[PDB]
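Complex: CGS-27023A / 22 kDa interstitial collagenase.
For chain A, we keep the numbers from the PDB entry: what you see runs 1-169, in order. Numbering of ligands and ligand atoms starts at 1, following listing order. Recorded method is solution NMR.
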Amino acid sequence: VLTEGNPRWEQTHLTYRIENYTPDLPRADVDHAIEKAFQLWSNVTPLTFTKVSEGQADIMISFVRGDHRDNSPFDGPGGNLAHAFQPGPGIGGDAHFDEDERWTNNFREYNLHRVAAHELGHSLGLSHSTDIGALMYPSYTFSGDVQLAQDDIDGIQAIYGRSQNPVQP
Ligand SMILES: COc1ccc(S(=O)(=O)N(Cc2cccnc2)[C@@H](C(=O)NO)C(C)C)cc1
Ligand SMILES: [Ca+2]
Ligand SMILES: [Zn+2]
Ligand SMILES: [Zn+2]
(Lines of atoms letter the chains of each structure in order from A and count residues from 1; the text may use other names and numbers.)
(Lines give C-alpha, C1' and ligand atoms only; values in the text may rest on other atoms or scores of the structure.)
(Ligands and ions follow the chains in the order given, each with its own letter.)
Protein backbone atom coordinates (compact mmCIF):
# COMPACT_ATOMS: atom_id res chain seq x y z
CA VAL A 1 0.00 0.00 0.00
CA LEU A 2 2.84 2.42 0.82
CA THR A 3 4.30 1.79 -2.66
CA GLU A 4 2.09 2.51 -5.70
CA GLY A 5 1.67 -0.81 -7.57
CA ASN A 6 4.79 -2.38 -5.98
CA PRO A 7 4.21 -3.54 -2.36
CA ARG A 8 6.93 -5.55 -0.57
CA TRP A 9 6.20 -8.81 1.28
CA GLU A 10 5.42 -7.98 4.93
CA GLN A 11 5.64 -11.68 5.85
CA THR A 12 8.99 -13.22 6.89
CA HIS A 13 7.94 -16.58 5.39
CA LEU A 14 6.72 -17.33 1.82
CA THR A 15 5.21 -20.37 0.03
CA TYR A 16 5.41 -21.40 -3.65
CA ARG A 17 3.92 -24.13 -5.88
CA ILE A 18 4.83 -25.32 -9.40
CA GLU A 19 1.70 -25.79 -11.54
CA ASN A 20 3.41 -28.20 -13.97
CA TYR A 21 6.85 -29.39 -15.16
CA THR A 22 7.97 -28.65 -18.74
CA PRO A 23 8.44 -31.88 -20.80
CA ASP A 24 11.84 -30.48 -21.84
CA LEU A 25 13.28 -31.68 -18.50
CA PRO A 26 11.88 -33.98 -15.72
CA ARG A 27 10.83 -32.66 -12.27
CA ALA A 28 13.91 -33.95 -10.42
CA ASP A 29 16.18 -31.57 -12.36
CA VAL A 30 13.66 -28.69 -12.20
CA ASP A 31 12.92 -29.13 -8.47
CA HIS A 32 16.66 -29.01 -7.74
CA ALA A 33 17.08 -25.75 -9.71
CA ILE A 34 14.05 -24.14 -8.01
CA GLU A 35 15.00 -25.50 -4.56
CA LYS A 36 18.68 -24.52 -4.94
CA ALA A 37 17.64 -20.94 -5.81
CA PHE A 38 15.46 -20.57 -2.69
CA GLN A 39 18.35 -21.86 -0.56
CA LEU A 40 20.68 -19.13 -1.92
CA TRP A 41 18.22 -16.41 -0.84
CA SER A 42 17.44 -17.99 2.56
CA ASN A 43 21.16 -18.64 3.20
CA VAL A 44 21.79 -14.85 3.52
CA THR A 45 18.37 -13.85 4.98
CA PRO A 46 16.24 -15.10 7.96
CA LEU A 47 13.47 -15.68 5.38
CA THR A 48 11.99 -19.20 5.13
CA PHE A 49 10.28 -20.83 2.10
CA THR A 50 7.96 -23.86 1.89
CA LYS A 51 6.50 -25.69 -1.13
CA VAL A 52 2.70 -26.29 -0.88
CA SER A 53 0.80 -28.89 -2.95
CA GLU A 54 -2.63 -27.38 -2.13
CA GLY A 55 -4.14 -23.90 -1.61
CA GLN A 56 -2.96 -20.74 -3.41
CA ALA A 57 0.77 -20.10 -2.87
CA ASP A 58 2.32 -16.62 -2.53
CA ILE A 59 4.50 -17.31 -5.62
CA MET A 60 2.98 -19.49 -8.38
CA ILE A 61 5.30 -20.86 -11.11
CA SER A 62 3.95 -22.13 -14.45
CA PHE A 63 5.13 -22.66 -18.06
CA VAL A 64 3.13 -21.09 -20.95
CA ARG A 65 3.17 -21.18 -24.79
CA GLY A 66 2.10 -18.52 -27.32
CA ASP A 67 -0.86 -16.48 -26.00
CA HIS A 68 -1.98 -17.59 -22.51
CA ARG A 69 -4.71 -15.05 -21.61
CA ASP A 70 -2.14 -12.25 -21.11
CA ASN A 71 -1.34 -8.88 -22.76
CA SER A 72 2.30 -9.93 -23.47
CA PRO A 73 2.43 -13.01 -25.77
CA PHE A 74 5.86 -14.35 -26.83
CA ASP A 75 6.88 -13.69 -30.47
CA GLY A 76 8.95 -16.81 -31.21
CA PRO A 77 12.54 -17.15 -29.87
CA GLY A 78 12.66 -13.32 -30.00
CA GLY A 79 11.23 -10.95 -27.36
CA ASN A 80 11.64 -11.56 -23.61
CA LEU A 81 12.49 -15.08 -22.34
CA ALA A 82 10.21 -14.88 -19.27
CA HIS A 83 8.19 -12.41 -17.17
CA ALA A 84 6.14 -12.02 -13.98
CA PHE A 85 3.84 -9.64 -12.06
CA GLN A 86 4.86 -7.26 -9.25
CA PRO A 87 4.58 -8.89 -5.77
CA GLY A 88 0.92 -8.38 -4.81
CA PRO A 89 -2.41 -10.21 -4.26
CA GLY A 90 -4.40 -11.78 -7.13
CA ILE A 91 -2.13 -12.57 -10.10
CA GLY A 92 0.66 -10.64 -8.34
CA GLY A 93 3.61 -12.89 -7.36
CA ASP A 94 2.90 -15.21 -10.31
CA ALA A 95 5.82 -15.90 -12.70
CA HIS A 96 5.63 -17.50 -16.18
CA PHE A 97 8.52 -19.04 -18.17
CA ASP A 98 8.79 -19.11 -21.98
CA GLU A 99 8.25 -22.78 -22.93
CA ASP A 100 8.88 -22.14 -26.66
CA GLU A 101 12.65 -22.50 -26.06
CA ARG A 102 14.32 -25.71 -24.82
CA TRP A 103 15.56 -25.44 -21.22
CA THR A 104 18.85 -27.11 -20.17
CA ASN A 105 20.65 -27.83 -16.86
CA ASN A 106 24.11 -26.70 -18.03
CA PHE A 107 25.89 -23.89 -19.93
CA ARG A 108 23.96 -24.85 -23.09
CA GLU A 109 21.67 -22.45 -25.01
CA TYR A 110 19.93 -21.18 -21.81
CA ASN A 111 20.30 -21.90 -18.06
CA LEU A 112 16.93 -22.55 -16.36
CA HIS A 113 18.31 -22.09 -12.83
CA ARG A 114 19.82 -18.69 -13.74
CA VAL A 115 16.42 -17.49 -15.01
CA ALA A 116 14.50 -18.84 -11.99
CA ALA A 117 16.89 -16.96 -9.68
CA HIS A 118 16.24 -13.77 -11.67
CA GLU A 119 12.44 -14.16 -11.56
CA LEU A 120 12.61 -14.60 -7.77
CA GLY A 121 14.50 -11.28 -7.55
CA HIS A 122 11.49 -9.61 -9.21
CA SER A 123 9.17 -11.40 -6.75
CA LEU A 124 11.42 -10.29 -3.86
CA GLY A 125 11.03 -6.66 -5.01
CA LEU A 126 14.61 -6.47 -6.35
CA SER A 127 14.80 -4.25 -9.47
CA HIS A 128 17.43 -4.49 -12.24
CA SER A 129 20.97 -3.24 -11.43
CA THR A 130 24.00 -2.05 -13.46
CA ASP A 131 26.41 -4.37 -11.61
CA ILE A 132 28.05 -6.97 -13.88
CA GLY A 133 28.03 -9.60 -11.10
CA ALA A 134 24.30 -8.99 -10.47
CA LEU A 135 22.12 -11.84 -11.80
CA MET A 136 19.30 -9.33 -12.30
CA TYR A 137 20.86 -8.49 -15.69
CA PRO A 138 18.21 -6.83 -17.98
CA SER A 139 18.96 -8.83 -21.16
CA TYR A 140 20.15 -12.47 -21.08
CA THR A 141 23.95 -12.95 -21.10
CA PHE A 142 26.57 -15.59 -20.18
CA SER A 143 27.93 -15.14 -16.62
CA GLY A 144 30.70 -17.14 -14.89
CA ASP A 145 29.54 -19.26 -11.92
CA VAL A 146 26.06 -18.69 -10.47
CA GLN A 147 26.53 -16.84 -7.15
CA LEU A 148 24.87 -13.84 -5.45
CA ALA A 149 26.90 -10.60 -5.63
CA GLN A 150 27.48 -8.18 -2.73
CA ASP A 151 25.07 -5.68 -4.33
CA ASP A 152 22.32 -8.34 -4.34
CA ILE A 153 23.15 -9.54 -0.82
CA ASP A 154 23.15 -6.01 0.65
CA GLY A 155 19.97 -5.15 -1.29
CA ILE A 156 17.80 -8.02 0.04
CA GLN A 157 19.43 -7.85 3.50
CA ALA A 158 18.93 -4.07 3.62
CA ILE A 159 15.19 -4.45 2.92
CA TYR A 160 14.72 -7.02 5.73
CA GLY A 161 18.06 -7.36 7.56
CA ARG A 162 21.21 -9.52 7.77
CA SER A 163 20.98 -13.20 8.69
CA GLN A 164 22.27 -12.84 12.26
CA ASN A 165 22.15 -16.65 12.52
CA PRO A 166 24.59 -18.43 10.14
CA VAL A 167 24.07 -21.88 11.72
CA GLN A 168 24.63 -24.55 9.04
CA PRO A 169 23.30 -27.63 11.00
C1 LIG B 1 18.63 -14.44 -15.92
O2 LIG B 1 18.00 -13.17 -15.82
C3 LIG B 1 17.15 -12.80 -16.88
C4 LIG B 1 15.71 -13.09 -16.84
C5 LIG B 1 14.84 -12.72 -17.93
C6 LIG B 1 15.36 -12.04 -19.09
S7 LIG B 1 14.25 -11.53 -20.39
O8 LIG B 1 14.95 -11.44 -21.63
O9 LIG B 1 13.05 -12.31 -20.31
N10 LIG B 1 13.69 -9.87 -20.09
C11 LIG B 1 14.69 -8.79 -20.43
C12 LIG B 1 14.56 -8.03 -21.74
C13 LIG B 1 14.42 -8.72 -23.01
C14 LIG B 1 14.30 -8.00 -24.26
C15 LIG B 1 14.33 -6.57 -24.20
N16 LIG B 1 14.46 -5.88 -23.02
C17 LIG B 1 14.57 -6.59 -21.82
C18 LIG B 1 12.62 -9.73 -19.05
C19 LIG B 1 13.23 -9.67 -17.63
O20 LIG B 1 13.91 -8.72 -17.23
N21 LIG B 1 12.98 -10.71 -16.85
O22 LIG B 1 13.48 -10.74 -15.56
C23 LIG B 1 11.44 -8.74 -19.22
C24 LIG B 1 11.43 -8.02 -20.57
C25 LIG B 1 10.06 -9.39 -19.06
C26 LIG B 1 16.78 -11.73 -19.16
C27 LIG B 1 17.67 -12.11 -18.07
CA1 LIG C 1 11.62 -15.84 -26.65
ZN1 LIG D 1 3.00 -15.59 -19.24
ZN1 LIG E 1 14.22 -8.85 -15.16
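Including duplicates, the parts belonging to CGS-27023A are ligand 1. Counting heavy atoms within 4.0 Å, the binding site of CGS-27023A comprises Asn80, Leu81, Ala82, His83, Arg114, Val115, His118, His122, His128, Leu135, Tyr137, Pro138, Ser139, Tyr140.
Rounded to 1 Å, the minimal heavy-atom separation between CGS-27023A and the UniProt active site of chain A occurs at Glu119, 5 Å. For CGS-27023A, other ligands and ions under 4.0 Å: ligand 4 (zinc ion).
Of the residues that UniProt lists as binding Zn(2+) in chain A, those with a heavy atom under 4.0 Å from CGS-27023A are: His83, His118, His122, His128. Proximity by heavy atom, under 4.0 Å to CGS-27023A, holds for these of the UniProt Ca(2+)-binding residues in chain A: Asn80.
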